[PDB]
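Inobrodib complexed to CREB-binding protein, as determined in this entry.
The residue numbers of chain A are those assigned by the PDB entry, with the residues present covering 1082-1197 sequentially. Only this structure's heavy atoms are used, side chains among them; waters, hydrogens and symmetry mates stay out. Method reported for this entry: X-ray crystallography, 1.7 Å. Start at 1 and go down the list; that is how both ligands and their atoms are numbered.
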Amino acid sequence: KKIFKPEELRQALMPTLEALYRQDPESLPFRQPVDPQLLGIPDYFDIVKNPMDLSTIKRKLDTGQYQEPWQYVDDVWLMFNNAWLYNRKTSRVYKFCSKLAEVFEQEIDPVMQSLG
Ligand SMILES: CO[C@H]1CC[C@H](n2c([C@@H]3CCCC(=O)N3c3ccc(F)c(F)c3)nc3cc(-c4c(C)noc4C)ccc32)CC1
Ligand SMILES: Cc1cc(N2CCOCC2)cc2[nH]c(-c3c(NC[C@@H](O)c4cccc(Cl)c4)cc[nH]c3=O)nc12
């Protein structure tokens, strides 16, 4: 397997993470972990067993917790898939999720090609 240095993953993938953060208001529900107590949604962790958010992805990238870049891709789609699972199709959070996913799909392709 190709060996990836944590510093190469960080420098290569951080621009793609910024592309999600800079969407405002679209990124606002995703910047911090879902807090079901605050949001009044007691069933959240009955439905979402593996939560993920931008701050967790960013910390993992900054601290070298990804061994290979598709694990970063996995966490981003887990974030989005959790939100599409939990929220109604008509809800603002669901629509903002789809907006971020389109940005991600555009940005991630050339970066992954360059890491190969
Ligand atoms: C600490 O600052 C945060 C900002 C986002 C706030 N927020 C909000 C706020 C408060 C509640 C009412 C509302 O409409 N919100 C909101 C705020 C901004 C948005 F762009 C948006 F789509 C929704 N809704 C959130 C929903 C989710 C969510 C995700 C991701 N997946 O399932 C659920 C449920 C996550 C965060 C949400 C909560 C506090
Ligand atoms: C492109 C796309 C659009 C949407 N819709 C957007 C609008 O709202 C409705 C949903 C949902 C998606 N789910 C996934 C998805 C993954 N994709 C890999 C892809 O990024 C990828 C694949 C090969 C190379 C690269 Cl470089 C990148 C991987 C794991 N699990 C996933 O669920 N991709 C989706």
Item to check | Location of inobrodib, all copies | outcome: ligand 1
Checklist entry - Got a protein heavy atom sitting under 4.0 Å from atom 3 (C) of inobrodib (ligand 1)? => result no
Item to check | Source species of chain A (PDB) | outcome: Homo sapiens
Item to check | For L1109, the inobrodib (ligand 1) atoms whose distance to one of its heavy atoms is below 4.0 Å | outcome: 4 (C), 5 (C)
Item to check | Nearest neighbour of atom 34 (C) of inobrodib (ligand 1) from the list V1174, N1168, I1128, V1129, on a heavy-atom basis | outcome: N1168
Item to check | Subset of inobrodib (ligand 1) atoms that lie under 4.0 Å from at least one heavy atom of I1122 | outcome: 34 (C)
Checklist entry - Which UniProt domain of chain A holds most of the residues in contact with inobrodib (ligand 1)? => result Bromo
Checklist entry - Protein heavy-atom contact under 4.0 Å for atom 9 (C) of inobrodib (ligand 1)? => result no
